[PDB]
Trainee: 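For discussion: a PDB structure holding atovaquone.
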Amino acid sequence: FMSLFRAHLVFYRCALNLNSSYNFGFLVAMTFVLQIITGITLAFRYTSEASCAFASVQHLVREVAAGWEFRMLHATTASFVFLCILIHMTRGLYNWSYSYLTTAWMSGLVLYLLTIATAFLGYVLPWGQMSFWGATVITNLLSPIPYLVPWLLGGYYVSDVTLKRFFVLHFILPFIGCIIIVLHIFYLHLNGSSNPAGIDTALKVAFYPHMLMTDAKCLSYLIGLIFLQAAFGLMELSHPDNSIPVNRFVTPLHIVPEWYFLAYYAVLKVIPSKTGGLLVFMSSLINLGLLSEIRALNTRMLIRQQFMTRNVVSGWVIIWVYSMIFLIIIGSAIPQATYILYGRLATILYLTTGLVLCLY
Amino acid sequence: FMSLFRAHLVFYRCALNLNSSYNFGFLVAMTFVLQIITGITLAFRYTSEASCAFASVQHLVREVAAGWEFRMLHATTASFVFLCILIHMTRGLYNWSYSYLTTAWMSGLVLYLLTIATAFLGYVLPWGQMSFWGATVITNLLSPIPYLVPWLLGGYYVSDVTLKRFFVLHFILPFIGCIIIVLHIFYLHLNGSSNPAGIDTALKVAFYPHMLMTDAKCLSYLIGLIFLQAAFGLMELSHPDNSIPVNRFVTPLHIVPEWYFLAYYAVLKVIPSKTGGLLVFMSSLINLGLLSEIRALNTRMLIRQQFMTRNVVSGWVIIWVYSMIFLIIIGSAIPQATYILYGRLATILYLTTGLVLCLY
Amino acid sequence: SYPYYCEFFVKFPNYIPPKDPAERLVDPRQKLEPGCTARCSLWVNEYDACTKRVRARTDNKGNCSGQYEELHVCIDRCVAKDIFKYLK
Amino acid sequence: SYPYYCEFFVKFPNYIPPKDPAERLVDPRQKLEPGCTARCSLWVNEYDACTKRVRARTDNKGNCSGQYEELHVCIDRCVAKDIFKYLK
Amino acid sequence: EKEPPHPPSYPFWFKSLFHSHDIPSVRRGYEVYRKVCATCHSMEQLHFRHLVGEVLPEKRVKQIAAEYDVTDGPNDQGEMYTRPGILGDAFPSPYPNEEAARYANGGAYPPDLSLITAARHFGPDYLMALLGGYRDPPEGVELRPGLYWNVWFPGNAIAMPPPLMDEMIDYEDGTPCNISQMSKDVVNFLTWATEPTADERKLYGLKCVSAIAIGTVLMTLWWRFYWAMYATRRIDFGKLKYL
Amino acid sequence: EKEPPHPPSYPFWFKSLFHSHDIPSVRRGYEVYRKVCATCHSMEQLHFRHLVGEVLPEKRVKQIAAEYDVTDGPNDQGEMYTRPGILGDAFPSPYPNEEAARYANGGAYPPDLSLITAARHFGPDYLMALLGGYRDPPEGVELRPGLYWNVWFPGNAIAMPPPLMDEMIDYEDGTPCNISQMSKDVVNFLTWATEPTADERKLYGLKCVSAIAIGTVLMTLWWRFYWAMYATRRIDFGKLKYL
Ligand SMILES: CCCCCCCCCCCCCCCCCC(=O)OC[C@H](COP(=O)([O-])OCC(O)COP(=O)([O-])OC[C@@H](COC(=O)CCCCCCCCCCCCCCCCC)OC(=O)CCCCCCCCCCCCCCCCC)OC(=O)CCCCCCCCCCCCCCCCC
Ligand SMILES: CCCCCCCCCCCCCCCCCC(=O)OC[C@H](COP(=O)([O-])OCC(O)COP(=O)([O-])OC[C@@H](COC(=O)CCCCCCCCCCCCCCCCC)OC(=O)CCCCCCCCCCCCCCCCC)OC(=O)CCCCCCCCCCCCCCCCC
Ligand code: HEC
Ligand code: HEC
Ligand code: HEM
Ligand code: HEM
Ligand code: HEM
Ligand code: HEM
Ligand SMILES: COc1cc2[nH]c(C)c(-c3ccc(Oc4ccc(OC(F)(F)F)cc4)cc3)c(=O)c2cc1Cl
Ligand SMILES: COc1cc2[nH]c(C)c(-c3ccc(Oc4ccc(OC(F)(F)F)cc4)cc3)c(=O)c2cc1Cl
Ligand SMILES: O=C1C(O)=C([C@H]2CC[C@H](c3ccc(Cl)cc3)CC2)C(=O)c2ccccc21
Ligand SMILES: O=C1C(O)=C([C@H]2CC[C@H](c3ccc(Cl)cc3)CC2)C(=O)c2ccccc21
């Protein structure tokens, strides 16, 4: 397995002009490994009982040596997982990477779905108000089929049984992640990476000396920033309301998911029919999947240059990003008619600019 | 990975005269896979709290559909894991497999150590009297080094913290098992299996049609027997005393480990010095390890035929087996002078007949 | 783990009716005990022997709990053969 | 999760000694309130306006909690600048 | 210390491989347990839910549960109160904690019987023997007050008084009461209570094992089918012998 | 519903990146909490162990704990009893259950303060504002009895009475007592109690971030070291130009 190590991470030859925007994959992998370490060492002292989970998490912070550090590293590294993934996705929307990296793009989408599931399962385990009512909402959202929801819950309502199986599932999924990562990289190195210029070039250079050092530099920056936020708390990434014990008969008066879930939340606020809601997610994900075979949707021969530099027309990916940010903004606010109106405007933009990527 | 599947499990060519005694590896692997399935589905409803673990295991049996079946399959398949492993080891002591399957034999030993550890960790999780006092004994046995025992316990005595980390460790170790199994098979197929006759032969035959069916037949028998014992309870494999809740200030009046641990227990009964006790285990395992390079311990050219058929002299492996069975017998009984005397006789036999394997 | 373990070839008695509806207001064991008492006579012999010797030795320490235990284990293991014929 | 979040470039006051040991048996807020009351006069204006109009409309529904809330938020946000200079 | 003796094997209806529990005996054993043994023991794992359809009809079980006061709350004022038991409640217990139980029983602790036959050697045979086992002391032995001699209890001296007495209880089916009969019926009841899923387990076992054995025959035939083609092969060196 | 206003930022000593907690303020806040706020609230997560060496000397903390009766047992008779508190015991609570707490407070539940500043927006600034916030109703609004108007509580109507009163408590260091001072000191105390590991966390943070930044400079230099050899390379086609 050493010979493979050398073939793929030492003698592998890249293009000279790979700048930082091509370093974020490595970064998400590293946040995965790190999150796994802190996960396992948190599991050694966590209690999976509805009667006492909350106090179990508080015991780590209050009465255990370095107890606070692992919880906070685990909490904060999640945000960086998602931030790095979104940068990593947008880079390849910008470049039209999926033109020839077909199966890599598919694998990517599967990994993103895995990550969403993993995060949301994690989000229930500390067992506060937000956890209980979030679980209630998302389980009610997948109700269309009889008996599936009491079965997956384990029970007529969110329960200790639900906590136990969420804990086991959150244990298992990351490692399935890892396996799919190996699959991802297989498809990638089958083809070879693209340039920022989107041309084919013979001016290649080996990995170990030049690109490995850039990977290391960015890694230093990321470790830095994680520790800064973890130790000092600069930003209010997580809302305070998960600090309150659960009550099964009273909701919290103000509700804000974790930031990486706000856009979705915005949709659930503005579309009238609940099924329309769910179908928007399904449709957008199907549209992203459809990009894998964009070469077939037209008989003009395709190029990877999108000529977005100096261009007054901008590009659909940029409009997508700004629409998504606008949806995050509206996600965060209270339900009111005007917020809903601009919500619907932004939603139409978000859907249309995704549909239109296929129309070259 | 399909091409590898075909190369190693379909077109791989064996010797014509491989009888059932060469089918038990496959069997232990299958008990591993099966034990993993039942493990995971038991984890979904188990509670890792000293205050309530016991009742958590009782809830599965009393109030859950098919609750009883998974617990009992998991409990009974362990015995078959160990029985198959011991048959599998004795076969290769009998044949002198380690003459040329050097690294396979080493890997085997590591897997057996892994299995012992896994089983013993499992044995504590139901949290009855025998579990608590067994954990106490084995943790006191590895005391020679300061602070290592309170550290590994987590605490000054066996505690809920100990349960939590035992549960996580018992979760993890089997999969490390699986990885080492892949390593095992690599070393094996690097060389190729031996015959019962211990000759080299060209009368080979492919695997898929002939030997695959024998594997399947034995698999049927084993599934049969597991279900027979699991559903009807023919043999008292496990003592009743783990059915009593724990008391930290009162021992059970009669003590009998699980059968696959009795021989070890016998030693701890009969050797006066505690360190002598531990050193006997260390020494015997080192002796078994030493067999990997038996070709070097002498300048006479070696053969695999031990000529044990019709032989009035028998063989050291058979004396080893009978000594071990005698030690199990004495393990089971109360501490009394005469049992200890025949214990010491059997112990001397067990040690000497292991030392002597190197003296060809 | 199991409540009990299966036994092969057990013999299950037919309920011998009492000859008088009043007949089993008294414990059926009393009707099986004499025979077994007669069968375990050697243990009675040894218990009485030990009783005598203990009462004699005069150094003021002795007991015959062993032989007593053996006597009653014998009697019980005899009674167990027929007791369930008289119970519903 | 955190008890608080860090704020950049905060200014920390020096404890202005009371001119009389008895001087702060009375709440220092009382000495900062007048100035801020004068600074937030537009909210007083609008609150009195709404009070008049509510008392006039005669259809018997109305209130001026909005403007009141704004008035007092203004006054408090003014007081917060100097209150910690008078506390140890 | 000593090796304790082993009890004789009684022919309980259940200890055959094809037999179920014997439900009339279970009813009578439950009646004995309620009237006698529940004075000092507990079964914390049992709820009345368990008796309907398996042993008793639902109506009667509700009426049984109604005989007890069970504590519940808090109420609007944060106080606790007592109510009549319902089908969903666990069996009641005579002592609030282990310390009180020991205080009432001269220091010894009456064990919880929810798993008693699975928590002793030879299970029901041991329990049947133990309930018969009370006898006078042997020559040379005397026991301190509140302690009794029993020929089947380990070390022979036990804290539980002689347990059974004729017509100390009565049966609703009409069966006559005596200590032997009560022994049999209560041992039956406790053996059932140790694992109510027994009959389900055994009836499923039978189907499973039978089908798997038929399987085994079929696979044996399939394996021999391929054995025979190489076991009967001919290999010649130099020239052909037979054809 | 409405968007509630946002509080002003007060210059608490701790909210700088280099500052610790301010321990005299913490002592005074603890004294306020004991004399006033512990009448209806609870801190179930705090034990007296937490105060020694961090806030108070051990001797004084033992003497504080001795002021309370704490329940313990069972004893030999299985009864419960009361004893003087010890350093190992958690803070006492005024109500036995949530139902009694609601019964005493007209239906509302006084929350446990063990994490209060981490369980609200703007934490200590919100709490400081709230304790100042009591005012007379506006024109056109009236509140039912046992309910009060506060300009910083969401929806403006709150069940907690006006909280503070001058010289309702007294200080041992000599500081004068008034509602503003009590507000500052108790908010300091509760902010500390929300996470006593704060100062450890920050002091470790500083070392970590500083060293990591120095790292980053070194790695930047190392990366440029290799950048320059290919950024400055010459490639010619056909014939050599320069040397
Ligand atoms: C600087 C950038 C930093 C990026 C960070 C990203 C975030 C990371 C988060 C996760 C953590 C990862 C950590 C590693 C980060 C990377 C590090 C790195 O190597 O950076 C390389 C980076 C750029 O390298 P490069 O080789 O040029 O990269 C290639 C380019 O990308 C060019 O590539 P290309 O040309 O091939 O293009 C491909 C394309 C590919 O496409 C993409 O990649 C697009 C991706 C877009 C993001 C999409 C996802 C978004 C998802 C939503 C996220 C929401 C978050 C919400 C957060 C809210 C926060 C409030 O990319 C682009 O098109 C990018 C161009 C975008 C232009 C946007 C222009 C915006 C203008 C804004 C003006 C604002 C004016 C404000 C005025 C205000 C007045 C009041 O260089 C540096 O950072 C240099 C080092 C600088 C160090 C300075 C340190 C100073 C410290 C001072 C201390 C002072 C102390 C004082 C004390 C005093 C005491 C007295
Ligand atoms: C039959 C054997 C079965 C083995 C089972 C093993 C245990 C398995 C446990 C785990 C479960 C696995 C399941 C699969 C098992 C394997 C199945 C299989 O394929 O077997 C093949 C097996 C043998 O095949 P093979 O090709 O000859 O094998 C090669 C040989 O091994 C020859 O190989 P080689 O020549 O190359 O030699 C290499 C060497 C390699 O070395 C080894 O492999 C040595 C391994 C030794 C074991 C070491 C580990 C021990 C660890 C301690 C374990 C303690 C356990 C404690 C258990 C206590 C239980 C109470 O092996 C040997 O030297 C072996 C020879 C040993 C000779 C020992 C002679 C002992 C004589 C005893 C006489 C007793 C007389 C009593 C008289 C009493 C009078 C009162 O054949 C069969 O079993 C044929 C099928 C028979 C089916 C019969 C079914 C009848 C059902 C009747 C029902 C009636 C119902 C009635 C109803 C009535 C209604 C009215
Ligand atoms: C109070 C008078 C009791 C009644 C009624 C019953 N039991 Fe009990 N039991 C009691 C005590 C104080 C003890 C302790 C004995 C000791 O030596 O410490 C026991 C013990 C048992 C046991 C344990 C036997 C063993 O080998 O450990 C059993 C199996 C038992 N008791 C069963 C039992 C049954 C079936 C009863 C109804 C017929 C019953 N007990 C009533 C106190 C009392
Ligand atoms: C009994 C007279 C109390 C005393 C003394 C203190 N508090 Fe309390 N508090 C009490 C009640 C009945 C309520 C419920 C209010 C409601 O609207 O339901 C509260 C509430 C609080 C809150 C919650 C504020 C929020 O926005 O949810 C806080 C932060 C609070 N109280 C703090 C607090 C402090 C610091 C006290 C000592 C100065 C204090 N309270 C005393 C009852 C009583
Ligand atoms: C990509 C990998 C992972 C991600 C993105 C992830 C995500 C999360 C998130 C977002 C939380 C919420 C923490 C909080 O709200 O404070 C969490 C908690 C938790 N995670 Fe994961 N996790 C990952 C891997 C793992 C692994 C591998 C394990 C164990 C083997 C694990 C065990 C836990 C535990 C025990 C908690 C509870 C934390 C607490 O109760 O305070 N995680 N995780
Ligand atoms: C755990 C999640 C992921 C990991 C660990 C990962 C890892 C990597 C790595 C190491 C690379 C090569 C170096 C680099 O580009 O930084 C890469 C490239 C790539 N990834 Fe990912 N990735 C992940 C998620 C995704 C997702 C969600 C997508 C798409 C939706 C995606 C699509 C791609 C593409 C298209 C490339 C190659 C682009 C090109 O060559 O031009 N990946 N990935
Ligand atoms: C070679 C593989 C394994 C072996 C030999 C093994 C062995 C054992 C043993 C001997 C017990 C004792 C059960 C009893 O005393 O009733 C046990 C219990 C248990 N095992 Fe494992 N185990 C294996 C794999 C696993 C795995 C992979 C998991 C989970 C991922 C697991 C989870 C458990 C649990 C939850 C229990 C508790 C059973 C109970 O409380 O009744 N086991 N195991
Ligand atoms: C989980 C435990 C184990 C598994 C899954 C396993 C699996 C296997 C398998 C599939 C084979 C080839 C087919 C067969 O021989 O049945 C094999 C062969 C072998 N194993 Fe194991 N084994 C295990 C434990 C051990 C142990 C404990 C030892 C030695 C102490 C050992 C030593 C050997 C040797 C020497 C051979 C080849 C013998 C020969 O070719 O003559 N294995 N094993
Ligand atoms: C800036 O430009 C680039 C940066 C790049 N950075 C990296 C880190 C790689 C890479 C990743 C993984 C790999 O092999 C592995 C697969 C899977 C594993 O498994 C797991 F889970 F990651 F540990 C480990 C190892 C081999 C190579 C690239 O190809 C790569 C390519 C370009 Cl163009
Ligand atoms: C009777 O005579 C024989 C029987 C034999 N039976 C078997 C089952 C094999 C065998 C096992 C595994 C394997 O490849 C694998 C490795 C590891 C895995 O991983 C895990 F964990 F097992 F699933 C899976 C798969 C390939 C081949 C043999 O070689 C074999 C050889 C002889 Cl002579
Ligand atoms: O009302 C909601 C709500 O709508 C969500 C939502 C956010 C989006 C989630 C989500 C949507 C789509 C995907 Cl692919 C993944 C997650 C589902 C739960 C919450 O997270 C929540 C948490 C706590 C209380 C209330 C709520
Ligand atoms: O006294 C013992 C005892 O001696 C062991 C022993 C058995 C052998 C074990 C063992 C020895 C060596 C190895 Cl490599 C693995 C396990 C260690 C614990 C027990 O298992 C036990 C369980 C419950 C109560 C008491 C006892």
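Sequence lines set the chain letters: A, B, ... in the order given, protein chains first and strands last, and positions in each chain run from 1. Scope of the values below: all heavy atoms of this structure, side chains included, with no hydrogens, waters or symmetry mates. Note that ligands are numbered from 1 as they come in the structure, with each ligand's atoms numbered from 1 the same way. The entry is not shown in full; contacts are counted within the portion that is.
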Trainee: Which instances in the model belong to atovaquone?
Mentor: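 Copies included, the answer is ligands 11 and 12.
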Trainee: Find the chain in most contact with atovaquone (ligand 11) and give its name from UniProt.
Mentor: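 Its main partner is Cytochrome b.
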Trainee: For atovaquone (ligand 11), which other chains have at least one heavy atom closer than 4.0 Å?
Mentor: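 Other chains under 4.0 Å (heavy atoms): A.
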Trainee: List the residues forming the binding site of atovaquone (ligand 11), heavy atoms under 4.0 Å.
Mentor: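 Sure - by heavy atoms, that gives A:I116, A:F120, A:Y123, A:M130, A:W133, A:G134, A:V137, A:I255, A:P257, A:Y264, A:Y265, A:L268.
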Trainee: Using UniProt's numbering from the N terminus, which transmembrane segments of chain A place a non-hydrogen atom under 4.0 Å from atovaquone (ligand 11)?
Mentor: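 On UniProt's list for chain A, heavy atoms under 4.0 Å occur in 3.
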Trainee: Provide the number and element of each atom of atovaquone (ligand 11) under 4.0 Å from a heavy atom of A:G134.
Mentor: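 Selected atoms, number and element: 21 (C), 22 (C), 23 (C), 24 (C).
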Trainee: If you count the atoms of atovaquone (ligand 11) from 1 in the order shown, which ones are under 4.0 Å from a heavy atom of A:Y265?
Mentor: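 Checking each atom against A:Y265, I get 1 (O), 2 (C), 3 (C), 4 (O).
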Trainee: Counting each atom of atovaquone (ligand 11) from 1 as listed, which ones have a heavy atom of A:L268 under 4.0 Å away?
Mentor: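 Counting from 1, the qualifying ligand atoms are 4 (O).
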Trainee: At what distance is the nearest protein heavy atom to atom 14 (Cl) of atovaquone (ligand 11), and which residue and atom is it?
Mentor: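 Checked against all protein heavy atoms, atom 14 (Cl) of atovaquone (ligand 11) sits closest to A:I116 CG2, 4.3 Å.
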Trainee: For chain A, which UniProt heme b-binding residues keep a heavy atom less than 4.0 Å from atovaquone (ligand 11)?
Mentor: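 Applying the heavy-atom cut-off to the UniProt set, I get none.
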Trainee: I can't find it - what organism does the entry give for chain A?
Mentor: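 By the entry, that would be Toxoplasma gondii GT1.
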Trainee: Should you measure from each heavy atom of A:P257, which atoms of atovaquone (ligand 11) turn up under 4.0 Å away?
Mentor: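 Atoms satisfying the 4.0 Å criterion: 19 (C), 20 (O).
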Trainee: If you have a sec, work out which protein heavy atom is nearest atom 9 (C) of atovaquone (ligand 11) and how many Å separate them, to one decimal?
Mentor: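 Of every protein heavy atom, A:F120 CE1, 4.2 Å lies nearest to atom 9 (C) of atovaquone (ligand 11).
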Trainee: List every atom of atovaquone (ligand 11) that sits less than 4.0 Å from any heavy atom of A:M130, numbering the atoms from 1 in the order shown and giving each element.
Mentor: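 Near A:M130, the atoms of atovaquone (ligand 11) are 23 (C).
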